[PDB]
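Entry below: contains amprenavir.
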Number of protein chains: 2
Amino acid sequence: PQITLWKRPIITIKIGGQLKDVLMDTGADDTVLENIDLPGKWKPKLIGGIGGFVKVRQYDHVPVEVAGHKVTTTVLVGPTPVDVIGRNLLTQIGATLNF
Amino acid sequence: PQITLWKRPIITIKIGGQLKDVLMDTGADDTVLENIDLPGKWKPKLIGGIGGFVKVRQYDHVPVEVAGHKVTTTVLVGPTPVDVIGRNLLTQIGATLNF
Ligand SMILES: CC(C)CN(C[C@@H](O)[C@H](Cc1ccccc1)NC(=O)O[C@H]1CCOC1)S(=O)(=O)c1ccc(N)cc1
């Protein structure tokens with residue numbers, strides 16, 4: 001699809017078997033959600049946001065389905081006001097910003 | 001133009017007689033810039049992100065030029081570590097996401 005930006009660009013994806021509404025965020029290097037149930041171990045990651053740097057959990061090789069594509073990707077879990085999918089995943093689905 | 005997202009989409013904008021490099025950010029509701037002195041009255045606003053709330057000044061009808069288009073736009077000014085243009089300005093220049 002070609003999405004205009006008058007509204008927030010929210011899509012529904014599947015992650016670790018659960019449907020989650022996520023904001024498509026070109027200004028985010030990474031994909032981060034608050035308090036989703038993902039199995040297995042993780043490693044600490046420090047990410048920078050507008051308010052400073054925040055520690056999150058990093059989960060690798062997570063199966064996700066986005067706009068019809070089934071991929072595995074890195075997913076961060078931590079105290080974000082918005083669940084976002086960032087360029088790491090947007091690149092996996094071939095997304096572009098056009099103007 | 002069509003921009004893939006493997007790189008951060010950084011464009012220059014002219015504003016307040018200066019040239020600034022800004023991230024084209026579909027995740028930001030509104031443009032926010034750190035180091036800039038804009039003239040006239042403004043209203044205080046809080047914006048929410050990773051790392052909590054950030055206090056900004058909202059300036060309205062600011063002349064800017066971006067991607068070759070001159071418009072007036074809302075600009076938030078406050079201590080972001082990364083300057084971004086948000087959906088308010090991306091819509092003024094007809095930017096879309098495509099996947
Ligand atoms: C939905 C969110 C997170 C909104 N922000 C936009 C995001 O694009 C934000 C842009 C940014 C990049 C680098 C450092 C600082 C900020 N990236 C971000 O946090 O990336 C993290 C999360 C995962 O990857 C890394 S915002 O900056 O809080 C914001 C909020 C309101 C306005 N009007 C403008 C900006």
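Order of the sequence lines fixes the chain letters, A, B, ..., with proteins taken first and strands second; residue numbering starts at 1 for each chain. The deposited model was determined using X-ray crystallography, 1.8 Å. Side-chain atoms are counted along with the backbone in the values below, which use heavy atoms only and exclude waters and symmetry mates. Whatever order the structure lists ligands and atoms in, that order sets their numbers, starting from 1.
- What binds amprenavir most in this entry is, by the naming of the PDB entry, HIV-1 protease.
- With a cut-off of 4.0 Å on heavy atoms, the other chains touching amprenavir are A, B.
- Applying a cut-off of 4.0 Å to heavy atoms, one finds the binding site of amprenavir to be A:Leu23, A:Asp25, A:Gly27, A:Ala28, A:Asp29, A:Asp30, A:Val32, A:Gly48, A:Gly49, A:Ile50, A:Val82, B:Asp25, B:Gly27, B:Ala28, B:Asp29, B:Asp30, B:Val32, B:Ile47, B:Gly48, B:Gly49, B:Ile50, B:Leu76, B:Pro81, B:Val82.
- Of all protein heavy atoms, the one lying nearest to atom 27 (O) of amprenavir is A:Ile50 CB, 3.4 Å.
- The ligand atoms of amprenavir that sit less than 4.0 angstrom from a heavy atom of A:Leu23 are 1 (C).
- If you number the atoms of amprenavir from 1 as listed, the ones under 4.0 Å from a heavy atom of B:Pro81 come out as 14 (C), 15 (C).
- Below 4.0 Å from some heavy atom of B:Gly27 lie the following atoms of amprenavir, by number and element: 1 (C), 4 (C).
- Summary of contacts: the protein heavy atom closest to atom 20 (O) of amprenavir is A:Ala28 CA, 3.4 Å.
- For atom 6 (C) of amprenavir, the closest heavy atom belonging to the protein is B:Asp25 OD2, 3.2 Å.
- Less than 4.0 angstrom separates some heavy atom of A:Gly49 from each of these atoms of amprenavir: 15 (C), 19 (O).
- Close contacts between amprenavir and A:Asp29 involve ligand atoms 24 (O), 25 (C) [criterion: under 4.0 Å to a heavy atom].
- In this structure, the protein non-hydrogen atom closest to atom 21 (C) of amprenavir is A:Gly48 O, 3.6 Å.
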